[PDB]
2 protein chains.
Amino acid sequence: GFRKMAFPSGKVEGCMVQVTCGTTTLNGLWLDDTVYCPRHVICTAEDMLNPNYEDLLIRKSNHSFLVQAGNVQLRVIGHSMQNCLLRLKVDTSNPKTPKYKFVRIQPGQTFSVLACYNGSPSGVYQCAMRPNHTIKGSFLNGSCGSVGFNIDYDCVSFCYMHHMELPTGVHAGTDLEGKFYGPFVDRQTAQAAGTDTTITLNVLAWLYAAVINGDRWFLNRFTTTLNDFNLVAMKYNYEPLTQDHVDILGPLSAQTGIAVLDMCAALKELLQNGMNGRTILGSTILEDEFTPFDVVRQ
Amino acid sequence: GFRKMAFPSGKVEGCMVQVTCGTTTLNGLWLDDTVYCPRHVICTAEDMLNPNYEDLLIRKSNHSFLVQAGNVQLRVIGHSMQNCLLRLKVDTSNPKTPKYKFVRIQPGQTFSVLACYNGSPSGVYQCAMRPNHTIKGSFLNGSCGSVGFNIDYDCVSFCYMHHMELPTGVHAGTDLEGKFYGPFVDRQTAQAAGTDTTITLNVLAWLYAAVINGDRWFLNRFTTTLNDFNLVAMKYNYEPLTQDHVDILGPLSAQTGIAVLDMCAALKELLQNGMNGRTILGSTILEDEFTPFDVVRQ
Ligand SMILES: Cn1cnc(Cn2c(=O)nc(Nc3cc4cn(C)nc4cc3Cl)n(Cc3cc(F)c(F)cc3F)c2=O)n1
Ligand SMILES: Cn1cnc(Cn2c(=O)nc(Nc3cc4cn(C)nc4cc3Cl)n(Cc3cc(F)c(F)cc3F)c2=O)n1
């Protein structure tokens, strides 16, 4: 019974606000007395290609910022720019602020997204940071500033602030210090992501999950070293497997009785021969956004 | 970017409590001054096969119910049984109760699930009521009493309270009046649902979703009648299509400009010739847990 599940979103929902500059508007994140939002909000339509953010910013007063939390207008007391984020100081502390921290997630790791429009939460889903530092999100116009997060105990680890859609339909954004994931810049120019690779640790977890679910037609009796598997994997644009990843897969290996390198030998034959029309957990494509942690939990 | 998306769960998270009788514990739903929970909580481990709930309930008083809303304890002031649910009147009106309704959902309709573990939310995901009145959910031990719901403009429509997992790994529960979906009874005995069917109206809406998102390869120049299509549907364990179904699909037909019976002809070809190892909206099976409403909203 494996499926993508999001963390409950309530702790983030009480932090979503709307931020408007003139006629340009997007989502912002209200923690304590600070509102975080993409600095792109200070662009007019003409500014959106080739903006000079330091010029646009110095030309702004606090009153230019219209910050709305539901029915309530909050007043910007002060404002500073931090990389590609604005930090708006505001006259009131959010009573709903959860315990939180700002983290920089790593490729292969998952998080929940609260997709938001004009400061209003719309939906929640899980997705993963890709090796090429984009995310395959589900985002419409007005979603700029929507936030990605994980929850451990009662602490929300914010890790993603949505900025833009790339021409291929994938998405780019920043951490909550405003540093972009990947080689992107916040301008309305056509930017291409590098070629993507498959998250091997997660494909391996998925194969383990399929074995736990009773499907083992892809297992074989070949052996491989880590080095020889990594050489094959890179020829098929799969990420090489580190020994840390082998350690991460330890619990699934012990539960199923299939040594990590033996599952790699299964994967190797799948990569070289394909699936001869067979399916795994019902699909002909190897899923790579289900983490070992997700498998173990479900 | 088209994926299953759950409603933001904040309004439901504020209603989740833990209910314990002796050592038996599960989740309850706290609305105004009432906690709703499965009556199975009044079972000792020895009672859980073939219990007599009328017998067990008369032997308890308000004191025997321990209700915890996080750190706070709520005092039970009264109690009664309604079908397979207990209604516990409490001390305190939940200050966080949203605008809400209780609805009974029909087969093929979708809802979000807030999976909970002994009173604490842990995950959220979208699923559907199967034609055979079970749910293909993701529920672990301790999830009894978790709730399913939809949201329409600040009003939460509760439609499902989780009770149990069947031998096949699917799930069974009640509406918020305590009446089970399907042929099931709340006791720890092996029970089976009827044979399931694929939700034709949902597959068709998902094919429209694909057309809108650019996936056009499965279309053909052909067309079919309702009666001939249903001859194919029965042979492949799909639900028969009705004119109401066709009427429901009108807006999706208009937006894409593909007549409904034209999409049925494409579906008939997909069922008969299988897919070519190609994908529709990223998946390699015909998805049937998106309603026409879901496709529009996304
Ligand atoms: C299809 N899609 C998927 N994700 C996105 C996110 N996204 C967005 O929501 N808005 C953007 N531009 C704006 C236009 C506005 C018009 N008004 C009146 N107000 C607006 C505010 C914004 Cl932010 N963009 C484009 C974009 C946003 C950036 F932050 C950036 F650095 C470069 C960009 F090209 C956008 O991608 N849309
Ligand atoms: C793996 N899984 C998938 N869904 C479920 C839901 N589920 C559940 O969470 N609990 C159940 N039995 C209990 C045992 C308890 C032990 N303690 C200390 N407290 C307990 C409370 C419960 Cl409810 N069940 C079984 C079950 C629950 C019912 F409500 C019912 F009518 C029949 C049943 F067989 C269960 O399925 N677990």
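Note: chain IDs run A, B, ... matching the order in which the sequence lines appear. Using the PDB entry numbers, chain A covers 2-299, in order. Numbers in chain B track the PDB entry; the residues on display, in order, are 2-299. Order of appearance sets the numbers: ligands from 1, and atoms from 1 within every ligand. Because only heavy atoms are used, hydrogens play no part in the values below, and waters and symmetry mates are left out as well, while side chains stay in.
PDB records name the drug found at ligand 2 as ensitrelvir.
In this structure, the main binding partner of ensitrelvir (ligand 2), as named in UniProt, is 3C-like proteinase nsp5. Other chains with a heavy atom closer than 4.0 Å to ensitrelvir (ligand 2): B. If you look at B/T24 next to ensitrelvir (ligand 2), the close heavy atoms, those under 4.0 Å, all belong to the backbone.
Listed by number with element, the atoms of ensitrelvir (ligand 2) under 4.0 Å from a non-hydrogen atom of B/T25 are 19 (N), 20 (C), 21 (C). Within ensitrelvir (ligand 2), the atoms closer than 4.0 Å to a non-hydrogen atom of B/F140 are 1 (C), 2 (N), 3 (C), 4 (N), numbered from 1 in the order shown. Relative to atom 2 (N) of ensitrelvir (ligand 2), the option among B/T21, B/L141, B/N28 with the closest non-hydrogen atom is B/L141. By UniProt annotation, the domain of chain B with most residues touching ensitrelvir (ligand 2) is Peptidase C30. For ensitrelvir (ligand 2), the atoms closer than 4.0 angstrom to any heavy atom of B/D187 are 31 (F). Here the shortest heavy-atom distance to atom 23 (Cl) of ensitrelvir (ligand 2), taken over B/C145, B/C85, B/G174, B/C44, belongs to B/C145. Closest UniProt active-site residue of chain B to ensitrelvir (ligand 2), with heavy-atom distance to 1 Å: B/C145, 3 Å. Each of the atoms 4 (N), 5 (C), 6 (C), 9 (O) of ensitrelvir (ligand 2) lies under 4.0 Å from some heavy atom of B/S144. Contact analysis puts B/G143 in contact with ensitrelvir (ligand 2), with a non-hydrogen atom separation below 4.0 angstrom. Remark: among candidates B/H163, B/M49, B/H41, the nearest residue to atom 30 (C) of ensitrelvir (ligand 2) is B/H41, based on non-hydrogen atoms. As stated in the entry, the source of chain B is Severe acute respiratory syndrome-related coronavirus.
The binding site of ensitrelvir (ligand 2), defined by non-hydrogen atoms within 4.0 Å, is formed by B/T24, B/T25, B/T26, B/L27, B/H41, B/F140, B/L141, B/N142, B/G143, B/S144, B/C145, B/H163, B/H164, B/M165, B/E166, B/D187, B/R188, B/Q189.
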